[PDB]
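See below for the structure under consideration.
The chains are labelled alphabetically, A first, in the order the sequence lines are listed. We number chain A the way the PDB entry does; in order, the residues shown are 1-822. Using the numbering of the PDB entry, the residues shown for chain B are 1-822, in order. For the numbers below, each heavy atom of this structure counts, side chains included, while hydrogens, waters and symmetry mates do not. So this one's X-ray crystallography, 2.4 Å, going by the header. When a ligand or atom number is given, it counts from 1 through the structure's own listing order.
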There are 2 protein chains.
Amino acid sequence: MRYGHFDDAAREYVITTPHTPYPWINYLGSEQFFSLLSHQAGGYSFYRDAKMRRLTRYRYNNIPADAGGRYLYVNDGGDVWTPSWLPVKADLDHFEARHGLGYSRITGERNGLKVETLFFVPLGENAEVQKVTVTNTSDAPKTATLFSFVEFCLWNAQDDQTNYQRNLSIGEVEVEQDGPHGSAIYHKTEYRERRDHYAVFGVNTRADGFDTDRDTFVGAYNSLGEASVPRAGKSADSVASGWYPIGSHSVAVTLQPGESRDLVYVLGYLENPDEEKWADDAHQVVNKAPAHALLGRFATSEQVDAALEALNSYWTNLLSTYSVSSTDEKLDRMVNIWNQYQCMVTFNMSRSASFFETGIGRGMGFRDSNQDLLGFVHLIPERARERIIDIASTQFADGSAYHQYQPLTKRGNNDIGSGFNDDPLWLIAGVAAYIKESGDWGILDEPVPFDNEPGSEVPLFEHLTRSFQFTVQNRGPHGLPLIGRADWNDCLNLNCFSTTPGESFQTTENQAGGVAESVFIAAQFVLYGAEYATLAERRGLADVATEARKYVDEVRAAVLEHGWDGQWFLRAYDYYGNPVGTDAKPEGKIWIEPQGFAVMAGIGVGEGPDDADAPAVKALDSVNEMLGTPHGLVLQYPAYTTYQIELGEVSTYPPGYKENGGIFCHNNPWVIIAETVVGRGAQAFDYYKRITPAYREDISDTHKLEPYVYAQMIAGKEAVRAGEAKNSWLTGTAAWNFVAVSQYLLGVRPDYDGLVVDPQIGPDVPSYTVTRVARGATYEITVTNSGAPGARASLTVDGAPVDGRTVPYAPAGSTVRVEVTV
Amino acid sequence: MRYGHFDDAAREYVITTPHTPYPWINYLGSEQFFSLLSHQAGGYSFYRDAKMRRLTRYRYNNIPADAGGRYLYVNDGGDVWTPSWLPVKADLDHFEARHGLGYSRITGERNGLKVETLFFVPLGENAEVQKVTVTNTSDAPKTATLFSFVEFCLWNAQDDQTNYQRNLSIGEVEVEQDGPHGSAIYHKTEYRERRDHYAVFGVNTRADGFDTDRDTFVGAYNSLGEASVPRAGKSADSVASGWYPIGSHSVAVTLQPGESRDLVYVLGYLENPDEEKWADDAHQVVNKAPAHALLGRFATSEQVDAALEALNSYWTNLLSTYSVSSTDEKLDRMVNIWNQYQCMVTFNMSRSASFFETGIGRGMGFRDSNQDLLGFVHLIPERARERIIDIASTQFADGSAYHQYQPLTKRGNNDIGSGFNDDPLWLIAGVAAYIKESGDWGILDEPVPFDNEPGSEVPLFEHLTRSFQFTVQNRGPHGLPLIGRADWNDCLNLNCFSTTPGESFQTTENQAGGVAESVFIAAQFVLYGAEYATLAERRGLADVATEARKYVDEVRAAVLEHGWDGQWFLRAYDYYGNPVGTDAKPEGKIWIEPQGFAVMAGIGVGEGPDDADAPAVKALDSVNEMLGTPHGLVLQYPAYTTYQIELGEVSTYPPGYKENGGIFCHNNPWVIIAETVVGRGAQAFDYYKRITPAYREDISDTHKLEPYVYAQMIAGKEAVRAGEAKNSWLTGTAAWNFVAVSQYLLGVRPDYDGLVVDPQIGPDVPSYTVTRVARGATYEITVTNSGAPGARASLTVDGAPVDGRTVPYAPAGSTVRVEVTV
Ligand SMILES: OC[C@H]1O[C@@H](O)[C@H](O)[C@@H](O)[C@@H]1O
Ligand SMILES: OC[C@H]1O[C@@H](O)[C@H](O)[C@@H](O)[C@@H]1O
Ligand SMILES: OC[C@H]1NC[C@H](O)[C@@H](O)[C@@H]1O
Ligand SMILES: OC[C@H]1NC[C@H](O)[C@@H](O)[C@@H]1O
């Protein structure tokens, strides 16, 4: 039922068994170098780009899962074991993995020898550091040999897995047994030609021996768990020539009773200017200057400790912007630690690389990285700022955009499709969230190219004009926006009609013509068009702003007139003008996306929570009856049981999975916020709980996946695996639940001209205090909360009552005490 | 060392240990459905296309190599083992694997139970059949449980290994324990949607139980060697929902001493008409009729035995066209069995799918499948006719062509680049060989589209015109052919200048302009331009033929005037117009390709073998001294030790591998042929022996790969791994060495109007007889061969002498007796 427990004071999740339901990972690094690290040391690392600069190899869908990562074989008297458990799977007297913020510790103990490894990526460094502590826990002296192991990737991860006819002949290493700080191995494939970068794997000691060739170290016919070298007790000292390069060092250790030793291993990513690639005039020997420097920065324990403390200080400081103290310690741990930590990861990774996303085809999604901003702008505004410029530079002059860009190059590509008509409006979403947060109006003036074209620069604001005008000029017969390839739901392809197997719905060519419309984009246009009009007003553009609110008006009125089914919002009109998401159809009656997003947009809001005549209220009640489950809200009901050619990808999933009846968690917080907008705090918070890691920890054997982060997808009611998650970690659910909980449930949300304090969470959290730093000042917000249905807040500020729920921004350096009664 | 032996009478290679240096595979099937089967039962199967219809999953670069395939776990009173040895690796009393023609047989014995499995793909079937015979070889009764196992792939092999974020939720199966002939499992992923196909895995008996979920069968934390289910002794009857579908049946047997039992397993690929996909109106249950009909065609051992006998008769028939009886049993087994079998494999596979080619990026290559025709035309000429039509249909109107086509759709693509200028001329090579073989002049009238455009058809001959004109109208400043992206050598990229890492030289954009020319294409053009001339004269195209010979003469003169270095032929002019492959540069002084091919074209051939002044002789002596290793001839010398930006991919390989000083065996037969042209039989035969599998069997530990088929590359003298092969099976070396030995060494080659008999093999083959069927007549050719340098045959035919070396074709039905004196 549980496989570990949170450690709130340490900011760690503690895994107390190797035998979890699935591999459970951490991400190390927050800047430009990243590692996937499972609780069994499986995973890999990459610089900037998981497809293009992957340092170490990892196999998806391996048998068993996650047999492959950073291993340390201990040979004690002929007995070989690994403290990560896998691959050898020797009985351990004690095992524990601690996943922390930017680091993890994995401990195994066997027959009087305890081996603990601290893994992290140091701030400022493109390296993964491991600090090993071997301890004699027996009453007698003890000796052992330790064999380190890492398997290299040949940089291009797609090439590495497919192009052996070339790549088995190109692997190249160097060995440096007597370096300045210890022993090192260089992985230097293709440095001969166009690469200016190599990898290093070294230790802060003169190793007894080494191995660079996988086949020699593992042995023929053997798995990682039977590697010949550790069993033999002595390195072969292999020098790779093609095949499969690895990094491994042997170190002999001797320990008195109770005595320990630290060893420091470093996996690094090094570059040289072209001028300085080589150490020799013949150009055969890599220039090792930067690696000697890197290894010198991690030559001692003290230096590792000092970096782990700077990393802890960096996390303390990131988490100082938004905190809560409440009566619900699960709510608290989510808000203060886990949900913000995940937001940092998604900002960096988008949907690119996890234990489910393979870090090949997906780079940095236009819609996804825009939505990640919403959860990230409060953490490091300046990096959010630059991300906005990078994303907007992949937009086209007509307002549409590349659906994603390649992280190394910042260039758009069509590798997972083009012409998704929801994409343009998300850019407004992210900019609005950024300006509300930081107040940096001058970003609107930043010159930004179209599709990276030298000389095409216009102000960022003009880019938002192109997004807005894209929708206004791409409406169909009902005044709703044309959907194109798909909207937010990638599997709703109304211009597709595909009969050909094995061509991606995402990528396959679309039919010209038709009248296919999205009720979802309409709700999105209403929400974010209003935001754009506001941006325009601030810029003194009264002509532009006026026209804009008119269009918003026309589209709102189109949603009530032509997008309302009777008890919920319509989903779409197909190519031929048929309604999708109507009670008139047998399957796919109600789809969740327009319900939450329409009501978020104020569409169909009546007199209050108990205004039973109001579309918003009918919509949400229907969401509740027809879509709700103990695990969250399923995307549509009922799921499709046969292929519907005119809807594209959606009906191709078996019922209850992904977009065909799955709980697609990213869209539940839309419903959450909808319910707070309508004044049903209690129900809003209920939905929050159903999908939130801290609340699902007690059902770990059912969720299966990491119990400390949101997943993309939980199997829905119509699936035999109801409650089982897939695709953990990399989901917009993280940014969107942070919004929901922080800004609409706890109620604290930056606006243009003040801080909105508008609790709506219902009776299960009767008091809390939020600490929010906003525009240089600190708001202490003490909330006493009846939870009464429909009841909203009154504020007194610094001893004096104020009107409404917006506290105008105090000057930098202030502390403002706001007293809240709901 | 050796790890087995040839069995000529059985036409098998006999592997006597599991512990080979590398997995050794056979190919099953010769029609539309194929299996890669290793001596450990490893590999996978596909229908028509390895990328788009892969039935079963295989992991390239697994640890260990080749742990996944068709396994049969035996649980004998709790002991679990596999007769394939992998994956359980339990100690076997006896092991043997026999690779034969379209079948293999693998036998494993442990603790009084012998388990023999016969694998093949039957004629006219899309299925892999296994016949399993279990024998009690002990002196006491036995009870054992047999668990079969295969792991499905989700059809699209690329999506399977990269698109988990979708595909983990789409896997579906149906289980039929009580079918008409036994138990069956249906793998039907995506049948719900666009696929009209599904796989079956069945046994000819009612199974005790089954399994369809991989995780349940294998167990958490377990590899395939530690599978839980067989260890537990009973199936878990698991029914997959997503994740990893498998096919598995359990069958308990009880055997008295010396008793045996047969079991027939079938892995079938089935299709239904769209109107007939579903058993039920609700469209939920697959229509099983064709799967029931398939299982019924293999419900008995008798039915298997008959099919295997028909497969034998089919091969005996294929091999009845060319054979030799000589004093060299190594030569004979290559000419009679192995090289012809290989030629059928290359005709079918091109270069897409092997244990090195991943069946992903590569489909059927234009140059590749054209050149394969040279060694396949005599086997099944009607299939070569169709193949020529399929190829020519991927050609553009300007005469240039798509570099390869998708096996499933027959439509060309640029996935591995475009604008390889040697491509167009290979079309003529293929048609010339085919017509010489068959005399089917009518093929030149076949209407053939460009780029498959309906309505674009012109006669085949007209395609050849376009090929010929392409080269005429693409010459540089020396009158030598413009190189384009590359010629035959994919890595000689003169229009490239890439400094961006990670980007394929094959697909990356090229510079317009410069003056880069290829001596190889020049030689190629002289050789095949001449055939083109001949075909135009015979179509009655006098002026065209005259014009064609004029062009050939210019290009021949240009080779001698501008493509000559002094002691060898030049390789090329670079973008700047500088010579490539000259003694004036320090690396890449001499390249093999234009040496073999210019001399085959007759360029610089003098008065005889002893004329030291003929450029052909000098060229070939330079190739001997500079390129010769005891493992074959390296591509160029010295190999490049630094990246040469003007040359492309070539210098990106470490010295001695692939195109940078590897023995690229495909170009070795060109030198073999060349040598026979100058009358140096002994040396030509020497070169043939150096790379030929039967002669390298005695160095199996050095070669490492299959000792019965040619490999693409043998590491060169500048490699640390000198003599170790990579990329076995799929190589043009098969067809080119067949051409060399059958036609130039042994000397029996079809021409347009008679059969040329021109032995040039030197004194190691003093006497031999060739039985050649050509144009429905059998030629019995008896050769007394002095092997004396430059000595050339004279003939008598049916007791009467004739002039020169061409025997006019006798009419169908006759036996012609040719007595040959050299
Ligand atoms: O695309 C196929 C080509 O790839 C190159 O990288 C290899 O060196 C060539 O041997 C091969 O012909
Ligand atoms: O290309 C990415 C898209 O792939 C589809 O196969 C999935 O159903 C979507 O969830 C995903 O957004
Ligand atoms: O289709 C829904 C959803 N699939 C998952 C994708 O990452 C996201 O971009 C998309 O909005
Ligand atoms: O580059 C030489 C050679 N490499 C291997 C390819 O399959 C072939 O088409 C090419 O000619």
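Checking ligand 4 against R-econazole, 6-mercaptopurine, 1-deoxynojirimycin, ICRF-187, the answer is 1-deoxynojirimycin. In this PDB structure, the PDB entry names the chief binding partner of 1-deoxynojirimycin (ligand 4) as Cellobiose Phosphorylase. For 1-deoxynojirimycin (ligand 4), the other chains with a heavy atom below 4.0 Å are labelled B. In terms of protein heavy atoms, atom 3 (C) of 1-deoxynojirimycin (ligand 4) is closest to B/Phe664 CE2, 3.7 Å.
Contact between B/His666 and 1-deoxynojirimycin (ligand 4) is absent, with no heavy atom of the residue lying under 4.0 Å from the ligand. Protein heavy atom nearest atom 5 (C) of 1-deoxynojirimycin (ligand 4), with residue, atom name and distance: B/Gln712 NE2, 3.3 Å. The PDB records the source of chain B as Cellvibrio gilvus. Close contacts of 1-deoxynojirimycin (ligand 4) with B/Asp368, meaning ligand atoms under 4.0 Å from a residue heavy atom, involve 6 (C), 7 (O), 8 (C), 9 (O). Taking 4.0 Å as the cut-off, B/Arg362 counts as a neighbour of 1-deoxynojirimycin (ligand 4) on heavy-atom distance. No part of A/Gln165 comes within 4.0 Å of 1-deoxynojirimycin (ligand 4), judged by heavy-atom distances. Other ligands and ions closer than 4.0 Å to 1-deoxynojirimycin (ligand 4), by number and name, are ligand 1 (beta-D-glucopyranose).
For 1-deoxynojirimycin (ligand 4), the residues with any heavy atom closer than 4.0 Å are B/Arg351, B/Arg362, B/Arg367, B/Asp368, B/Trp488, B/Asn489, B/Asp490, B/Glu659, B/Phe664, B/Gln712.
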